[PDB]
Novice: 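What follows is a structure written as structure tokens; I'll ask about it next.
In the text below, chain A, chain B and the rest are named by the order of the sequence lines, each starting its count at 1. Each ligand, and each atom within it, is numbered from 1 in the order the structure gives.
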Amino acid sequence: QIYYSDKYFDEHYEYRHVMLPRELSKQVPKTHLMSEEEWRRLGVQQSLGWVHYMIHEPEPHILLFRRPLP
Amino acid sequence: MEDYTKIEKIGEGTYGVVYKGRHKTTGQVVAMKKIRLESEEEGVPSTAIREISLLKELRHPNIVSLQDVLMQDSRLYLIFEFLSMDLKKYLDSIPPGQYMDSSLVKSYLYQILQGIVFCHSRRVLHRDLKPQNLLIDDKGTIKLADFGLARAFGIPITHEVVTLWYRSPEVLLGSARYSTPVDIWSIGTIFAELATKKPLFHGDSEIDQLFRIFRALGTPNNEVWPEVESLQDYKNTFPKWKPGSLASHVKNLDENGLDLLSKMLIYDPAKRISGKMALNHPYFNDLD
Ligand SMILES: CCc1cnn2c(NCc3ccc[n+](O)c3)cc(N3CCCC[C@H]3CCO)nc12
């Protein structure tokens with residue numbers, strides 16, 4: 001099933017990423033960044049305020065999320 | 001080949017299964033590495049077996065000698081000298097709270113560099129150096145295995161997370177070309193792991209590996225690594241860490257050790273130290 005990395009941090013944001021299994025990633029129609037509604041359809045569960053901010057094209061099944069610090 | 005008897009299986013590596021074996025004539029205990037060749041298109045030979053011929057001639061104390069190559073149709077055994085242990089397994093076997101004696105670290109790094117310098121001077125790269133690929137005998141000698149095979153087999157195109165930890169940023173960011181500096185990077189990461197017993201950059205994926213590197217070395221940009229902002233997979237939304245931070249990931253290493261390590265881990269492949277230069281580094285002045 002779905003994997004969740006540990007959180008890591010910038011001076012400005014906190015970040016995590018999430019690894020979709022090959023069945024679930026294969027389904028997604030969207031080739032580009034997603035809204036919170038879209039990534040909630042998929043089963044990703046995080047608190048509110050997490051933003052899908054980039055795609056590493058070599059690994060499209062990895063979803064990279066950021067969220068600003070206080 | 002009828003000239004060998006397979007004793008037992010010793011593990012699975014990048015190229016497949018490796019057996020302990022015995023040469024029937026001589027009682028020479030050997031390592032036999034089975035590589036599944038594809039059936040090939042009529043009129044279209046691979047240049048694998050010719051690249052293999054070249055490697056078969058290389059002899060150096062710090063590389064594992066390829067003693068023989070046995071062909072079948074669609075199959076190939078590579079025969080090597082046998083060795084008691086691999087470096088992965090040896091580091092696992094050190095009890096928690098013990099480290100490796102810092103003079104054996106030094107000795108091992110030195111020998112590792114001798115092997116690589118010997119290969120680099122013949123335009124042979126390894127490209128996937130890792131503790132599993134470094135083999136020790138009980139007398140203090142360490143040897144490189146699988147040198148040259150990536151060029152020999154390997155294509156322009158899994159679960160090898162382990163393999164990602166020693167990978168260079170030029171490769172991970174999708175640069176068109178790589179060269180000898182990828183092996184010095186690997187050697188960098190392995191040096192840290194000799195000292196600390198654990199991986200320096202313990203990534204779960206390519207992106208995470210990149211992030212683990214940026215965290216320790218700082219997120220690069222054109223100032224530190226010229227033209228990096230043009231590489232295909234550079235994004236200017238990466239997290240922004242500042243030049244590290246690297247000494248904090250590494251214990252059991254002095255001023256000189258840290259100096260050599262940071263030169264092995266320079267971002268710009270064109271400026272990263274070379275194998276020859278690393279062997280002249282003062283970290284090794286108190287070796288022999
Ligand atoms: C070049 C072939 C060779 C020669 N010795 N050797 C060893 N010797 C150490 C050892 C390991 C376990 C049990 N015993 O008894 C001995 C290991 C090894 N490998 C370790 C991991 C599986 C593939 C492979 C890595 C790529 O060489 N490959 C080789």
Novice: What's the drug at ligand 1?
Specialist: dinaciclib
Novice: Report, by its name in UniProt, the chain making the most contacts with dinaciclib.
Specialist: Cyclin-dependent kinase 1
Novice: Counting only non-hydrogen atoms strictly under 4.0 Å, which other chains reach dinaciclib?
Specialist: B
Novice: Which UniProt active-site residue of chain B lies at the shortest heavy-atom distance from dinaciclib, and what is that distance to 1 Å?
Specialist: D128(B), 9 Å
Novice: Starting from atom 15 (O) of dinaciclib, find the nearest protein heavy-atom neighbour and note its residue, name and distance.
Specialist: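 Looking at atom 15 (O) of dinaciclib, the protein heavy atom closest to it is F82(B) CZ, 3.9 Å.
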Novice: Does the deposited structure record a covalent bond between dinaciclib and a chain, and if so to which residue and atom?
Specialist: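 The covalent partner is absent; none is modeled.
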Novice: Point out the residues of chain B that UniProt assigns to ATP binding and that have a heavy atom under 4.0 Å from dinaciclib.
Specialist: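 UniProt binders with a heavy atom in range: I10(B), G11(B), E12(B), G13(B), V18(B), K33(B).
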Novice: How far is atom 24 (C) of dinaciclib from its nearest protein heavy atom, and which residue and atom name does that atom have?
Specialist: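 Going atom by atom, the protein heavy atom closest to atom 24 (C) of dinaciclib ends up being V18(B) CG2, 4.0 Å.
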Novice: Which is closest to atom 26 (C) of dinaciclib in terms of heavy atoms, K88(B), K20(B), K33(B)?
Specialist: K33(B)
Novice: Considering heavy atoms of the protein only, find what lies nearest to atom 10 (C) of dinaciclib and give residue, atom and distance to 0.1 Å.
Specialist: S84(B) O, 3.7 Å
Novice: Counting from 1, what dinaciclib atoms have a heavy atom of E12(B) closer than 4.0 Å?
Specialist: 22 (C), 23 (C)
Novice: Out of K130(B), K89(B), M85(B), whose heavy atom is nearest to atom 13 (C) of dinaciclib?
Specialist: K89(B)
Novice: With a cut-off of 4.0 Å, which atoms of dinaciclib are near a heavy atom of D86(B)?
Specialist: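 With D86(B) as reference, the close atoms of dinaciclib come out as 9 (C), 11 (C), 20 (C).
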Novice: Identify, by atom number and element, the atoms of dinaciclib in contact range of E81(B), meaning under 4.0 Å from any of its heavy atoms.
Specialist: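 By the 4.0 Å cutoff, the relevant atoms are 4 (C).
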Novice: Mind checking which UniProt domain of chain B carries most of the contacts with dinaciclib?
Specialist: Protein kinase
Novice: Taking 4.0 angstrom as the limit and counting only heavy atoms of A145(B), give me the atoms of dinaciclib inside it, by number and element.
Specialist: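 It comes down to these atoms of dinaciclib: 27 (O).
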Novice: Give the numbers and elements of all dinaciclib atoms closer than 4.0 Å to a heavy atom of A31(B).
Specialist: 2 (C), 3 (C), 4 (C)
Novice: Nearest protein heavy-atom contact for atom 9 (C) of dinaciclib: which residue, which atom, what distance?
Specialist: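 Of every protein heavy atom, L83(B) O, 3.1 Å lies nearest to atom 9 (C) of dinaciclib.
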Novice: If you measure from each non-hydrogen atom of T14(B) to dinaciclib, which part falls under 4.0 Å: side chain, backbone, both or neither?
Specialist: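 Near dinaciclib, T14(B) shows nothing, with every heavy atom at 4.0 Å or more.
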Novice: Can you pull out the closest protein heavy atom to atom 29 (C) of dinaciclib? Residue, atom name and distance to 0.1 Å, please.
Specialist: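 Heavy-atom neighbour on the protein nearest atom 29 (C) of dinaciclib: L135(B) CD1, 3.5 Å.
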Novice: Heavy atoms under 4.0 Å from dinaciclib: which residues of other chains qualify?
Specialist: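 On a heavy-atom basis, the binding site is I10(B), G11(B), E12(B), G13(B), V18(B), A31(B), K33(B), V64(B), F80(B), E81(B), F82(B), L83(B), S84(B), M85(B), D86(B), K89(B), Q132(B), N133(B), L135(B), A145(B), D146(B).
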